[PDB]
Student: 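A single structure is presented below for examination.
Chain A is the first sequence line, chain B the second, and so forth, proteins listed ahead of strands; every chain is numbered from 1. Counting starts at 1 for both ligands and their atoms, in listed order. The structure has been trimmed to a portion of the entry, and contacts are counted only among what remains.
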Amino acid sequence: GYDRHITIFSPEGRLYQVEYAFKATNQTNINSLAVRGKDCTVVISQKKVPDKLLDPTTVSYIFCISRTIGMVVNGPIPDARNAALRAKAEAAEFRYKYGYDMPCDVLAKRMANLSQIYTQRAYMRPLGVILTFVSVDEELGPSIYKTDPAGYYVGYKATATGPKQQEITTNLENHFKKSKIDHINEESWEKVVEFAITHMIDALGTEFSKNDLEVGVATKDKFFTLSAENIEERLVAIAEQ
Amino acid sequence: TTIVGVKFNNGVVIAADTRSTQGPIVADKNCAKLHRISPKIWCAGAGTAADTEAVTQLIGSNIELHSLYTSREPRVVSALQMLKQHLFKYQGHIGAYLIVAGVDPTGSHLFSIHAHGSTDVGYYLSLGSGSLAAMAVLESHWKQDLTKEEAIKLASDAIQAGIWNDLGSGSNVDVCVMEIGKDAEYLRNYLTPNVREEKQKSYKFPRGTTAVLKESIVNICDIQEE
Amino acid sequence: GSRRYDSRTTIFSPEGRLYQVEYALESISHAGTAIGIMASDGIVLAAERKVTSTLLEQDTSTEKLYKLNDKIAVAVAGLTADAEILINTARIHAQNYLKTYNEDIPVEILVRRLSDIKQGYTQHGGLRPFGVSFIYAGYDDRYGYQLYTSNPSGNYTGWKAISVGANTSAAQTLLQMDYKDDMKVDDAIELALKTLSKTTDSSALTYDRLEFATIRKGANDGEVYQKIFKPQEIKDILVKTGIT
Amino acid sequence: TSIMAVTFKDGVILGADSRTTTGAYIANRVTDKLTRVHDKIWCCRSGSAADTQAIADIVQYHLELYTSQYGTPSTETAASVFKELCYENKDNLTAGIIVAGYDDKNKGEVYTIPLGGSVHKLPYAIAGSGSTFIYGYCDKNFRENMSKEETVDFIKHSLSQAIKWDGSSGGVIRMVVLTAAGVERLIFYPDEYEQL
Amino acid sequence: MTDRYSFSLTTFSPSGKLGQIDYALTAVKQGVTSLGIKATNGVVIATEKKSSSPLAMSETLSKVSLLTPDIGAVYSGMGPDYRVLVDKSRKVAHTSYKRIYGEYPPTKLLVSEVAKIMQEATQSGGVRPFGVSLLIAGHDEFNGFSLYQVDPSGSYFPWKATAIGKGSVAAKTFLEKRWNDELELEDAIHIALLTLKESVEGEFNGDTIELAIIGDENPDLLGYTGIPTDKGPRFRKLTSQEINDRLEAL
Amino acid sequence: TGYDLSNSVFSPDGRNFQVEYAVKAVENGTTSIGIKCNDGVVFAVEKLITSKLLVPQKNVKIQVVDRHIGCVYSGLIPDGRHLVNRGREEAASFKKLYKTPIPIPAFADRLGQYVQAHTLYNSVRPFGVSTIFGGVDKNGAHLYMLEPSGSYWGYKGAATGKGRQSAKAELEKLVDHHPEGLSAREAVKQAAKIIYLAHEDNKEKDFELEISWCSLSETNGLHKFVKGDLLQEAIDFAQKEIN
Amino acid sequence: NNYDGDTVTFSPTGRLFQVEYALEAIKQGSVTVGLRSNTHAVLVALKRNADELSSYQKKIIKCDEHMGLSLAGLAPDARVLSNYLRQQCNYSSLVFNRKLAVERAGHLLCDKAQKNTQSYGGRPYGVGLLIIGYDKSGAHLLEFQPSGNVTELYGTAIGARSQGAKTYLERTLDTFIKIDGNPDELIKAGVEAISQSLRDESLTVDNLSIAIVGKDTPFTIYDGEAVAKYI
Amino acid sequence: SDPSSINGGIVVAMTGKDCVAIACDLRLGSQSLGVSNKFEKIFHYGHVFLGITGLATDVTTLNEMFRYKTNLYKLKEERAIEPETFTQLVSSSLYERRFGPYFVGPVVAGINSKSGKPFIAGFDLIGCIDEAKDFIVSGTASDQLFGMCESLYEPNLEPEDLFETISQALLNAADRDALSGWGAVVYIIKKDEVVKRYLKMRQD
Ligand SMILES: *[B]([O])([O])[C]([C][C]([C])[C])[N]C(=O)[C]([C]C1=[C][C]=[C][C]=[C]1)[N]C(=O)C1=[C]N=[C][C]=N1
Ligand SMILES: *[B]([O])([O])[C]([C][C]([C])[C])[N]C(=O)[C]([C]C1=[C][C]=[C][C]=[C]1)[N]C(=O)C1=[C]N=[C][C]=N1
Ligand SMILES: [Cl-]
Ligand SMILES: [Cl-]
Ligand SMILES: [Mg+2]
Ligand SMILES: [Mg+2]
Ligand SMILES: [Mg+2]
Ligand SMILES: [Mg+2]
């Protein structure tokens, strides 16, 4: 049974190492969510600092890949940082060679191709991570593109990743069935973040403090992460209505 | 060679003469110096003919693969970047002097490229041995907010100045117009101010004038059946 | 490390056999039968396509018979994709020889070169062998009309009449029975088709299930012509010989 | 070419002419020699146009990748990347580059990198063929901690003279102001600076 | 480090079977149904856009892909493997042909290059075979219209019409009854939609079906005028609306 | 089963058992700690005196990287040395290109990516060490701890080795009782105490204390070893607390 | 068991069995003793013979004028490592005009042995070394294990029955360290130390091997009738 | 010293009404020394004709190279290469030796088998395509050939008239060049017949 150790086909036509890499994705026990506004793309993720000895400022699963592109990871931090470093290098190289900023969907495809190679080449293992890329693309507008250990990728109206992804997914599905549009009809990104947090609270059924969340926001020509105080202001606005 | 590029209201126009020379001899009277990198990105080339053709084909090929890879229409800055880095690497030995123009989702663009890999930005540009004659016209008649009709006129006039005054340029004027939100129109032989006059005499010889030694049929067909 | 997963494709068995070569030959024994018959005035190549469909485009199809140059052709038995790799290498080798010596490559030299490539995969590199057996039909001015075969071991031999693929035991017995040295192409055509018609696993032998070719000096004066038969031409020769 | 960078109270200002020449022919009379390698780290380019562009493009790539990993780079770091390229490829390059940038911690800084690939941190720097004609003027007229308006006048007067005497320099005088407030582009035309 | 897997991962078993190729074909069998039909004046290729989630934008995922202006491709099996094959197929069309002859390759030769790449993944060191079967439709001047299937082994066959993947056995039977040598392109599209409806469970419309044709030259899609010999791509992907119009006359 | 026989293989859980086995080698090693203070960091380690024949103060375990970073580790000592050698190469190439000394977070990722790379292939073994490191840079003091998986985080206090639980408990008390912060000289004293308290897990053999520190005020932001009177002062403080 | 096939595999308890098996090769090797004072450092080695017709395998190797070692285990591996030390000592002299520090020499051996324990294909070294030397910080004695672990000591012993000599040195620690400016008495203590590891056989003229280095004493090896004085 | 004028020689091609003509001299020399009067410079691959002037070793090498490539083309494509396609193949092949070029002046001539359109093309030593409507010239008497062609040529000449024009263009050009002459060959090419004629000329 060495067909379960390396990335070769089983008799069923399956790749067990790829499937087990998908299971490593949930090892952190963190849930992430991404939604699109009119002028922005918002990504939120649970933040868990179990040890008091940890410096909580360094505990993060959101990465600034380029000025325009942000990335949240679902999976162990070593593989997450491996993927982050590569994406940063690829984004920088793209700009140098082709004279313009790498689009979110193109980076997603590139990283998905690299992941595909690990599913086909035996000496390289898959990374046990799911990568959710976000930006406000200059051509396509607000963009969410997600990559997995199979080398699969696709664009999203909104998405969720983690142990309780299905609960979040259905919650988002039901909202877009009502509104009948492909985004959150809202002017300011602040209110889009409030929507994202509100619907995660409703789906998971848990309340959040400022230190329980981690937020990333993509606008035209820049991506940035919110501080604990910026999130606190966001949580106050939700509670007051 | 005289090649020019002129920006206008809603796009950009490039133009070129059609003379190729080897020393003091004209190799080709109706040479095509306007090259297609992509459907809406065209460039005019001066210098070594094989180089301008080859470097345009290579970058045009990679631009096409890039467009398919990214699911986006190609940009002029991408062609510019790929051309300059290729030419820089070869330290000027690839003798391609290019005026690169086009329209893309960012807008309309006009650049020049020299063999050593340096790029320049402008509203009007000229390259080649007739560039001084062409630039004299451009510097005398160019203005901001040109229309499509005015830009074609100015571009072709600049080429004509090269055709008449530069011995390295001649024959016809080729033009390509690239307007925003429209198909690029390639105007091959836009002007033809150098048609040769009728000859005084016909030099058709009487049949049997040349002395022959042998005759034979040449077998061009494949090996036959039966 | 990686050693754990290595099948070791180039080793001897205790009996002194090459495992992968033997298993590749087992694969080839399930492939469509291909027959070669050499006559005094030409060579015949006949081959059976494997369980085809009515929706297969036959006139543009080629799975058995391939052209290496104007003088040499091959019939394939085994993995078609493996065969095409070798065929393209053989085509290049023929052209290299022609460029070097300004003469068409002798048949045996081409055969030996391909056979040596196959041999290499059985002795070094740690890769699986090519699961292909060839019947080479060719002509040169030294030995005239020649038939050869090669197999995954890289061993090759010359033949008057030979079969590869499925039911070779039954096919070779039938060929050995009816073959004679003073035989001609037209007779060899009939023998090839009759042998396939008896050894076939199909219910009946039809034009759509066959590929056929001849190498004749039947070309205008001292020269050689290759004829890859068209579907309609295979249908006609089947009626002529009295099979359909 | 006439280029200069001058530190002052609020930060640093880069200045340049706009002339590119092939021998005595002016190939470009409106050239932009003030180029951006990072938000508030710019450079003045002199020498080969192809070389200095290639170098600047590589530096911009390096600092973009630096930023993605380690945050905003210092002006010294940018100068070091320029130096590394200029020094190690000295046999094949003709590039005279002035690096100028604004930090909040370090404020305005200027680093000049001549042909050999050496680095020199200075209060102000001048370079290019036309700089030769203003060593006297600039040395006599430069003061530390000048105002924005004084520094603009200093650069305008200096490059005006460099343009006047150097055939390889001319066109418009471009300037880029680097302060905490942001990035400001200035342009000055012949009719303005010639009558000075 | 170093790739120390320099040995074949696909080998012959005692029965003569190449296990990894058979298993790759099994993966293709599980894949979503795709089909191709050849008409007199064109070719059609079609498949189902099996959306993994309703939140996912299925327009961004392209199962039917342009390889050259006159050649298109669709697949059944593992999507990621298909995506990289399309990238390699597009590139090899330039490097091994267009940069040499100044023109796009004929369908059969591009298929041959793709087939070669898939064969090498069946024999080279430290790799598994591609887990896809391709259907490649195309046109060229001297061969006319053509349709090819390419399997994980690297073997390829020309078809008048065929189907691969989930319900290929039933779909091929359906095509055998309907196909003839006098079909026009519109008739082939109609038959393609009928055949594909049988294998689809849920929604059947322009948004859940992906369909492209190889047909007449499209000068409107060329992007430029001024060269008479350039008349535009024969490959065209049908829009969501264009599919729905033909579903009313179904 | 068989998933634990080869590195870089995912088990059905999604785990890399070879990395988890490397952790067992770390847990078997001597205790080492790190304490983040007001303007710097302090590192301390337990050195087991196997025999009287060991020369005191000679077998130095704590290692310097560049001139501002200190590194200490528990587990397979040679693996730690290999990692520090790489760290020194990484720091040198950073300073070569960018002039400024490598920032601590930047340095942390360099080690992290290198250790993580040794979980990607079966042709290599994971590192059998957990490394505690840090120092002072332009943005201030930083303390990190890096595991065999390549996983690392920033820490207020860090501990690893056989006496990690005892140490962690002691570090947690300091964080609670000193929210405003701890001084550099205090941290050295506390470091000595924690190693002595953590020595109860290795109480068979007696040990030698080794401390180092980087501090903006006390050492000008450079890594230095605690020697002589300051070391003895910390030992006396530690001995007083256990009694 | 299942985790000892190669050096690239940890066991479930975090052990490297191939390294441990390499360590076992040292225990099979003949005994060798190392000890030092403040002025001198001494190596004493019990050489082993195949039979009465054979020669006694050499145990001590010179690395530089101020440094050398004694071996126990696979002799060819000691030749490879000693050759590496010779080169590193030599590089230090040629490039920096500097005698290589004994502590740094130990660090270089540690790192060289380590690479063989983490990579696939290779194997650990199957030998233990005792390095002595006199540098700018006085006399030194190092113990090398092929796991990579190098340790600076006052005295030690490795090989078969080495525990007896190691205990003796642990008692004599306070005495032999003080033997300054007296090479013969320091050797005597080393010969008396190695004698605690002997069973059945005794120290003969072609059995014993001694080496010394010190303040005004280059690394020199004594064999044959040169060591009869100490028997 | 100059590789393009060591051996000498010329090639000229012309279009006519539903026909093309290509012609060459027969001289091969070593500078002043005449060596061979049978060195033909025109070759053909199927119905596509290729003339090559310049360094004789490269003339031979390139003929062998294009025979090699056109034979592989035919096996894979299952059809003969056309003049337009072959022209691109020549250009590609010459440019791959950009900085170590074959010292030659190739000339392609032929009729497209499908469209029936006459086609000629010329190249420089590194691959640049000159696709002329009227005529192409190459070799050590290229100046002379340009002068002859530019005066003698008229469009839409019948095959037998075109023969006279191209023959006189070659002969009179060769007679003003020291390194050309020593015999001449003329190919008249129609859609499905090709006639080859050796010309009688002065042998000095
Ligand atoms: B123009 O004068 O720049 C022109 C533009 C070219 C792209 C058609 N260039 C030429 O005509 C060059 C001049 C030249 C001669 C010699 C070396 C380098 C450049 N001519 C050719 O490239 C040329 C000459 N003879 C045949 C084919 N090509
Ligand atoms: B300036 O004169 O140094 C100028 C600066 C450049 C970055 C735009 N350089 C040039 O104009 C150089 C030539 C030169 C003149 C004087 C001193 C040093 C160098 N010109 C070019 O590099 C050039 C000219 N024409 C086309 C392309 N490049
Ligand atoms: Cl890619
Ligand atoms: Cl410039
Ligand atoms: Mg793998
Ligand atoms: Mg001036
Ligand atoms: Mg003559
Ligand atoms: Mg004469």
Student: Which drug molecule has been modeled at ligand 2?
Tutor: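 The PDB calls it bortezomib (bound form).
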Student: Could you tell me which macromolecule makes the most contacts with bortezomib (bound form, ligand 2) here? Its name in UniProt would be great.
Tutor: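 The main partner is Proteasome subunit beta type-1.
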Student: From which other chains does some heavy atom lie less than 4.0 Å from bortezomib (bound form, ligand 2)?
Tutor: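 By heavy atom, the other chains are B, D.
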Student: Return the organism named as the source of chain D in the deposit.
Tutor: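 Per the PDB entry, it is Saccharomyces cerevisiae.
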Student: Which UniProt-defined active-site residue in chain D approaches bortezomib (bound form, ligand 2) most closely, and at what heavy-atom distance to 1 Å?
Tutor: D:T1, 1 Å
Student: Is it the side chain, the backbone, both or neither of D:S129 that has a heavy atom closer than 4.0 Å to bortezomib (bound form, ligand 2)?
Tutor: neither
Student: Could you pull out, from D:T21, D:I26, D:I97, the option with a heavy atom nearest to atom 20 (N) of bortezomib (bound form, ligand 2)?
Tutor: D:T21
Student: I'm curious, any covalent attachment for bortezomib (bound form, ligand 2) in this structure? Which residue and atom?
Tutor: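 The entry shows a covalent bond to D:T1 OG1.
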Student: Which residue holds the protein heavy atom closest to atom 5 (C) of bortezomib (bound form, ligand 2), what is that atom called, and what is the gap in Å?
Tutor: D:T1 OG1, 2.8 Å
Student: What other ligands and ions have an atom less than 4.0 Å from bortezomib (bound form, ligand 2)?
Tutor: ligand 4 (chloride ion)
Student: Are any of the N/O atoms on D:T22, whether in the backbone or the side chain, positioned under 3.5 angstrom from an N/O atom of bortezomib (bound form, ligand 2)?
Tutor: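 Yes, there is a polar N/O contact under 3.5 Å.
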Student: Quick one: which of D:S48, D:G47, B:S118 has a heavy atom closest to atom 14 (C) of bortezomib (bound form, ligand 2)?
Tutor: D:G47
Student: Less than 4.0 Å from atom 17 (C) of bortezomib (bound form, ligand 2), is there any heavy atom belonging to the protein?
Tutor: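 Given the 4.0 Å cut-off, atom 17 (C) of bortezomib (bound form, ligand 2) does not count as touching protein heavy atoms.
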Student: Using a 4.0 Å heavy-atom threshold (strictly under), name the region of D:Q53 that reaches bortezomib (bound form, ligand 2): side chain, backbone, both or neither.
Tutor: neither
Student: Per the PDB, what name belongs to chain B?
Tutor: Proteasome subunit beta type-2
Student: With a non-hydrogen cut-off of 4.0 Å, what is the binding site of bortezomib (bound form, ligand 2)?
Tutor: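 By heavy-atom distance, that gives B:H114, B:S118, D:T1, D:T20, D:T21, D:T22, D:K33, D:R45, D:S46, D:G47, D:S48, D:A49, D:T52, D:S168.
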